[PDB]
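Comments concern the structure below.
Going down the sequence lines, the chains are called A, B, C, and so on. Since chain A takes its numbers from the PDB entry, the residues it shows come out as 1-440. Here chain B follows the PDB entry for its numbers: 22-48, 100-432, in order, are the residues you see. Numbering, chain C: per the PDB entry, residues 1-429 in sequence. When a ligand or atom number is given, it counts from 1 through the structure's own listing order.
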Amino acid sequence: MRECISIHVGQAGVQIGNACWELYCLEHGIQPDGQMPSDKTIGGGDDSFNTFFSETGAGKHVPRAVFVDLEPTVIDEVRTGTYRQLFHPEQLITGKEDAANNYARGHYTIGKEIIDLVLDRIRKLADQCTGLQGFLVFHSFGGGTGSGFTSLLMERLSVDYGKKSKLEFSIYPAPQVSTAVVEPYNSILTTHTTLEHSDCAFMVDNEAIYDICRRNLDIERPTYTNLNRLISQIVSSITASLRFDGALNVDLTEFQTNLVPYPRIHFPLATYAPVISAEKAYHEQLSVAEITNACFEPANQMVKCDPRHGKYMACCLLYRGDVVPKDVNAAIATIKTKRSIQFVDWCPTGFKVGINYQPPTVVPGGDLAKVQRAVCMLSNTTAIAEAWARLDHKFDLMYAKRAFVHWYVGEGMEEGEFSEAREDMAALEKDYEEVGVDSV
Amino acid sequence: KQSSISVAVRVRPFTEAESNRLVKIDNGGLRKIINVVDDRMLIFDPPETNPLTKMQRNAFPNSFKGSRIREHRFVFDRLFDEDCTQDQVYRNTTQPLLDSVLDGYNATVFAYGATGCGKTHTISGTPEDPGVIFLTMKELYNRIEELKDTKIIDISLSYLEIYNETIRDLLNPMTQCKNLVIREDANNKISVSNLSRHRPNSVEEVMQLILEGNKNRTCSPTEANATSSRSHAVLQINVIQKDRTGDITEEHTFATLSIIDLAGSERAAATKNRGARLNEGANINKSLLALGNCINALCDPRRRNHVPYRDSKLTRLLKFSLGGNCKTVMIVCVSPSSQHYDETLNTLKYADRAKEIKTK
Amino acid sequence: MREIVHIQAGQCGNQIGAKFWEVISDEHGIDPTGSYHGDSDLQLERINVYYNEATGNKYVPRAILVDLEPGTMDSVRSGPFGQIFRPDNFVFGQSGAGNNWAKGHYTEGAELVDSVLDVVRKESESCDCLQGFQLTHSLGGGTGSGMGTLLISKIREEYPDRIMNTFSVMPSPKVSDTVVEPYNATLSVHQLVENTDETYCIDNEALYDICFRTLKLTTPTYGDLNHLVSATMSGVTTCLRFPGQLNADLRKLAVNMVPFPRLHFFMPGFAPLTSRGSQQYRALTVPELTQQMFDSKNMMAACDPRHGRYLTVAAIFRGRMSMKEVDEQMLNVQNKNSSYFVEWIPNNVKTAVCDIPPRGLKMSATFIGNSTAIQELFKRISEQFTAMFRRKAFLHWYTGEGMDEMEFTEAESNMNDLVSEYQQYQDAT
Ligand SMILES: CC(=O)O[C@H]1C(=O)[C@@]2(C)[C@H]([C@H](OC(=O)c3ccccc3)[C@]3(O)C[C@H](OC(=O)[C@H](O)[C@@H](NC(=O)c4ccccc4)c4ccccc4)C(C)=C1C3(C)C)[C@]1(OC(C)=O)CO[C@@H]1C[C@@H]2O
Ligand SMILES: Nc1nc2c(ncn2[C@@H]2O[C@H](COP(=O)(O)OP(=O)(O)OP(=O)(O)O)[C@@H](O)[C@H]2O)c(=O)[nH]1
Ligand SMILES: Nc1nc2c(ncn2[C@@H]2O[C@H](COP(=O)(O)OP(=O)(O)O)[C@@H](O)[C@H]2O)c(=O)[nH]1
Ligand SMILES: [Mg+2]
């Protein structure tokens, strides 16, 4: 059976995982205590949930997750929350201090005190898996643990598994808003991991999701819960093809084959079209054409970058609900007629399409409205490099005077590893220019 | 135009065993990464591999599997080749320091390098082929004996180490670290407290003192190095000079020659067990950073408002031994083998921090 | 699990510590007898940070009271919360320091430091994972300055990798009640700059100003000053004890606030401060907290931030609030007042949020600044120092205890170097 192993690193990863597992339990009818009343009321035995859950003797369902953090607060909240009985007790915590927001602490000094436990649990979960598709890693670039420990973990996973797909769902720092002073150092030092060891990295910045919540959802004062719920909806749309039958199924191997043109070019943007409140759910048709057009708006992008400044190198549309292929074809033709949306000359096809019959589920107490149709857009485009350039500028503004460098070098790192990584990001940026040039 | 701080980088020659075991790949392997191009310029990791045509086209926008130009162009104030002898090194390295010292101005020579790059061969040498220190002290004593007439000379020797931000005396062990404290004098003299002094009468006595001090130096087995230094060793030769037949009075002069071993930077990843061995390394790294923050600050005229001397014991110990009134040199020793590739790269850019010469 | 060892030295340190333990015991629902009578499960979740368990369901604070006369110990033990402390932790002498740094550092304090360190070792060995230490004391005094700095030096020698916080009361230029404040303050700053990771520079003048003009109190007493410092101390370590949306321990703040290893002198503040009459006339929201935090009059160090540039800032909010509002307000503060923030740090503000407000308030916030204006404080002390040193006004009381003038010269030089380092970043490129 198809499986996918979820890994959550750091506070951001753990909270996004809380949202994701709430969403999956709602989707599959699993109660917070792991029991499935559908199997007892009717009889069950004809359901698809093995992509995320494992079924024990007594009808309990254990999610395929590994929650990791270098301090106990978030995992302790999970251990005493509504979903305390859902997860296995092996939610791994360091019984010591956190990474203190620097790459070196989470990668070299304290990260190597729990790597063995994490790898052992991942090995056990993989052994329990029969048709393991890949890994879904959630973390944050700008933090501590989420950067250094993620780098160490993905190095080890590449050494061990190698041939399995690995997907990052990272929280890139925003251009202006930032919740720490040393975010650029950690973000740049994670370039190697996201480039060489990952296979497809989905970045989302907090400013874009805040603007989406303000404009579309009419939430003036959103919390991280709303952001996590939106990210959970996107991940659910990505993984729905493995779970529920549909007209055109798109598994991960296909998603990557049709999306990634070159090995180093694996940094797409993710958008979710019908983000809208219940009050505004009326007064609109929300047909396939409307949501497909909304996917391409620069305001709806969840990374603060303008696709109009670059060229669309590939696109993957994953529809959910009452959708017919002919409407999708008409919408794609309507998009191709527009001149504001530019495509490279070496990708005449352009679009990958998948359709699923399962409509999106509404979380109780959430903000997203119940809709009949939805679509998740995954777009490989050159505009994302512009965002990277902004981050690089910040790095230079600190690295000229070697501010905060003593903290990093005093915990096992050497100085050159800074400049090396800046050169890596530079090269990555150069590639995203060279692909965009028209064929001679 | 003129700067008192200069950088000299020496390339080690390939040993017989290493040459034999690595050439096979050229004809693991060696793939020499250091290709000297000029006396002020070297290239790190060139594309000199003969079978390179198949994947040089990937640099052209055809296949984006490799596009990171790893070649680097490094500029230094002096380059010493693999065939450059010890005399050629010394003649362009420490003779002007000796001239400055006999003039009456302080002088300093740093020696930096990772494990296996030939730092010990460069500074200490062998009994058959002695190192730079022997030539320096021999020339000192020869010049003093030449200048015996009309001037009286006295020589004082000190040899200490900086370890975990604490000062220890090597010629006089079993002294509490709290006793040794830096004490800047009112006349710009660093003057460490309770430091033993010795008055050797010849180079042989100096080397006996050096060996006795090195026997007490702090070392631990780490990685592939059976004996790895954990401290910055500082040797100080104080030359006191006065007039013999002329103005016989209390007035005199005295200068200092500093020879400073710098423990190489260490990636903790190499240390697994870690522990005390991890903390020392951390301090060492911090100390090196502090030294960089001085030298670059002493090369940029803009940042001359305030040089951060206080960030480490080493930099404070050299407050008046790095400025414009003291000739400073840095001997960066590297290895052209690939086995030390990453380390050498780091070392080179450390040497690049002294004067970021952008022009190639 | 991330446990702090609290040390109290001198009269000022002991009084602030007593009020701080009163506040902390109220926050966690601990009676003076030591029993727990709270009404929330989160209070006991991370109570091991400050308290050790004891057999009959009791909680003894992990405090170490230190002095060189027994008067303050008798005053504290007879207070409302005196019985909560461990009797064995009351380490004291009989002959006071007499407002002399040398006596507290060399002659009298050297005898008691061994006992204090024995108790410190006993307290630290019982800790599952020691986050660091926490000292409260005054630098202008006698016992406090010398014993505190000696303890800091020796604990740093013994626990090099742990955090060493410090809540120092800097002598004021106007509010003065001790003739030899400059010597003690200079000789203390000479040691703190080397042997600490964070130093929160509190001053009595700023607290008196806050009491007079913000709280509108007619007759402030030292209890109110200790109340303000206690609120700051509780708010600093709020993320160690309660959950939140952005957790930030002491080490994270130290990493995000100390650009260079010597610039670790901070300006604290507490946002929701108002008079009792004026409570109903304001809506308590995040923008009000930000405006009161970044107001120059709310600082506790009596250094005008407008006379310098913020090297770094940290804001630790408490309560249920939106992250978007917090980020928007911090960005707005940085953009509107760009002249007061260094150009070579694109984001000067660290942010933390805890979801458990301080008992009686809907929400609160703690501000921790690091700006070059603090150099002015040292400059003032330096002036007074030289004014007493070219003539050697009271020097014989110090050299009589075995000190030398070279120590005074070195302390002055180190303070001047710190001032120059801060000046080097007040201007920049
Ligand atoms: C009935 C009521 O709630 O009234 C408020 C009140 O009027 C005000 C004026 C309170 C009041 O504070 C003062 O009067 C005061 C005087 C000198 C120094 C500091 C405070 C209050 O006393 C203080 C008190 O604070 C608390 O309850 C906090 O939990 C606070 N408690 C303590 O510090 C404390 C001290 C000893 C014993 C028990 C608790 C706290 C703050 C930070 C961390 C932990 C606890 C509060 C809200 C009020 C009164 C009672 C009037 C204020 O203070 C605090 C700490 O909230 C002054 O600025 C705020 C604004 C409040 O509106
Ligand atoms: N989208 C989203 N981002 C979050 C959330 N929580 C934290 N972040 C981001 O995470 C970044 C820093 O990571 P942390 O939350 O501190 O967690 P960490 O990466 O493990 O770093 P540590 O503090 O050392 O544990 C911040 O810049 C936040 O923007 C969240 O709930 N949702
Ligand atoms: N906030 C506060 N400050 C105090 C208190 N007692 C003394 N001080 C300050 O501390 C300084 C005197 O130091 P002192 O406590 O006598 O030092 P000690 O004699 O070594 O304990 C003065 O400048 C006072 O402003 C107090 O109870 N609260
Ligand atoms: Mg945690």
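By its PDB name, the drug at ligand 1 is Taxol.
Per the PDB entry, the macromolecule in most contact with Taxol is Tubulin beta-2B chain. Other chains with any heavy atom closer than 4.0 Å to Taxol: C. Within the set C/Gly223, C/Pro272, C/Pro357, C/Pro220, the minimum heavy-atom distance to atom 52 (C) of Taxol is found for C/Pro272.
The presence of a protein heavy atom under 4.0 Å from atom 2 (C) of Taxol is ruled out.
Selection from C/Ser364, C/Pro358, C/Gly235 by nearest heavy atom to atom 40 (C) of Taxol gives C/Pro358. Closer than 4.0 Å to atom 45 (C) of Taxol lies at least one heavy atom of the protein. Of the options C/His227, C/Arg359, C/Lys19, the smallest heavy-atom separation from atom 55 (C) of Taxol is shown by C/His227.
Other ligands and ions less than 4.0 Å away from Taxol are, by number and name, none. For Taxol, the atoms closer than 4.0 angstrom to any heavy atom of C/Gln279 are 61 (C), 62 (O).
Contact annotation: for C/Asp26 versus Taxol, heavy atoms closer than 4.0 Å belong to the side chain alone.
The nearest heavy-atom contact from the protein to atom 16 (C) of Taxol is C/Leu215 CD1, 4.0 Å. Residue C/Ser275 has no nitrogen or oxygen atom sitting less than 3.5 Å from a nitrogen or oxygen atom of Taxol, judged on distance alone. Taking atom 47 (C) of Taxol as the reference point, the nearest protein heavy-atom neighbour is C/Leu361 CD2, 3.5 Å. This PDB entry assigns chain C to the organism Sus scrofa. At a 3.5 angstrom cut-off on N or O pairs, C/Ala231 does not count as close to Taxol. When only non-hydrogen protein atoms are considered, atom 14 (O) of Taxol lies nearest to C/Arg276 NE, 4.4 Å.
With the cut-off at 4.0 Å and only heavy atoms counted, the binding site of Taxol comes to C/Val23, C/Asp26, C/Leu215, C/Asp224, C/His227, C/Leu228, C/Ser234, C/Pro272, C/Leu273, C/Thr274, C/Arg276, C/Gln279, C/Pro358, C/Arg359, C/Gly360, C/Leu361.
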